[PDB]
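Numbers in chain A track the PDB entry; the residues on display, in order, are 33-120, 127-207, 215-344. Method reported for this entry: X-ray crystallography, 1.9 Å. In listed order, ligands and their atoms are each counted from 1. Values below: every heavy atom of this structure, side chains too, minus hydrogens, waters and symmetry copies.
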Amino acid sequence: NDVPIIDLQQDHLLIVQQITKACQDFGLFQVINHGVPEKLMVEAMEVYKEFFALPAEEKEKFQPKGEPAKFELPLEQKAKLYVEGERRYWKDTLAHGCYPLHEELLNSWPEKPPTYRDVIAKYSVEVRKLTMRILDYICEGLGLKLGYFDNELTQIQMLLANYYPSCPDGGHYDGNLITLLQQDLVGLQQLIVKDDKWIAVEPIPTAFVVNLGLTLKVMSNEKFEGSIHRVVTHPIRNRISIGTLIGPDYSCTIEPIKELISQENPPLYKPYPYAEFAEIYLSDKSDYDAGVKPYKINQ
Ligand SMILES: CN1[C@@H]2CC[C@H]1C[C@@H](OC(=O)[C@H](CO)c1ccccc1)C2
Ligand SMILES: O=C(O)CNC(=O)C(=O)O
Ligand code: NI
Ligand SMILES: [Sr+2]
């Protein structure tokens, strides 16, 4: 496995160097000793195991007008079941916003299992906290002031809990800024561009896989790579994974961070509305970066 595993209790400068190199080379890495309670990660996975085992009577409560929603605008934050492209569906996703944790938002979350709201609220807070630490390591690697992304660029925090039914014998960037993913079974693969080859991202049940989204690829002016990754169906196990997809509010304007831009390293994208990007990203799957192709410049 060539995917870096970065221990967040090493000396501070080694963390920054390792994260920086991973962001430049792959756009994907794993973190361990990351400060999120292991007992909470286990409880959250147990919550989704139970949720996906509930009977139809419960699951229908998350299916607007009798069927799962699609990832299409407007992308609401209330909890809903989603599907995304059929295969030989292939994936059920429970998704909802998590930030800020409002009463009206929490009130849309599952009531069963009865621990869902307490466990997943605590998990959201912890995963967010860790996500903001990692962005700050990225700030130091890019030479940006700490806290640069602690604003509307991280205003939206979508939890996407995925269930992949087994089959005996899908690639994308995430369009947002940064994603943390918890898994405990093989199935996640990263595209190694230089070989045009898919490789396994080893499942470490107490680690988080960190992958950079298209928005960060653009804002770093391609100093950092976004991760192109996919999931292959498990031949034996139903697989569950928990993604926390953090990024801009839909009222944001995305552009290469001006402080990174020079005469020698000009901007590679013009500014665009995130909401306009989001529409293309969700609709046009003709290429991985179709969402940002209309904004490319200096090529
Ligand atoms: C596998 N798919 C991919 C990634 C997750 C899942 C569902 C969809 O991605 C999203 O819905 C996220 C939600 O924040 C998104 C939506 C608009 C703009 C930026 C990011 C596409
Ligand atoms: O489920 C996995 O292991 C990977 N999930 C995704 O890439 C996603 O939901 O965007
Ligand atoms: Ni993804
Ligand atoms: Sr139904």
Which drug is recorded at ligand 1? hyoscyamine
Quick one: what's hyoscyamine (ligand 1) bound to in this structure? I mean the chain with the most contacts, named like the PDB entry names it. Hyoscyamine 6 beta-hydroxylase
Quick check on contacts: which atoms of hyoscyamine (ligand 1) are under 4.0 angstrom from a heavy atom of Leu290? 5 (C), 12 (C)
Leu198 neighbourhood, listing hyoscyamine (ligand 1) atoms whose heavy-atom distance to it stays under 4.0 Å: 5 (C), 6 (C), 7 (C)
Have a look at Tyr319, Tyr218, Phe103 and point out the one with the heavy atom closest to atom 18 (C) of hyoscyamine (ligand 1). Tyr319
Counting heavy atoms only, which part of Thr131 comes closer than 4.0 Å to hyoscyamine (ligand 1): side chain, backbone, both or neither? neither
Only heavy atoms count here, so choose which of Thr289, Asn200, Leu107, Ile194 is nearest to atom 13 (C) of hyoscyamine (ligand 1). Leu107
Contact atoms of hyoscyamine (ligand 1), heavy-atom distance to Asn221 under 4.0 Å: 19 (C), 20 (C)
With heavy atoms of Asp219 as the reference, note each atom of hyoscyamine (ligand 1) found under 4.0 Å away. 4 (C)
Enumerate the atoms of hyoscyamine (ligand 1) whose separation from the nearest heavy atom of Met196 is less than 4.0 angstrom. 14 (O)
For atom 15 (C) of hyoscyamine (ligand 1), closest protein heavy-atom neighbour: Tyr326 CE2, 4.0 Å
Side chain or backbone of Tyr114 under 4.0 Å from hyoscyamine (ligand 1), or both, or neither, by non-hydrogen atoms? neither
Flag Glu116 as yes when one of its N or O atoms lies below 3.5 Å from any N or O atom of hyoscyamine (ligand 1), and as no otherwise. yes
Report all residues and nucleotides of other chains within 4.0 Å of hyoscyamine (ligand 1) (non-hydrogen atoms). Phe103, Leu107, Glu116, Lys129, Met196, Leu198, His217, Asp219, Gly220, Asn221, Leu290, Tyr319, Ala323, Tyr326, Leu327
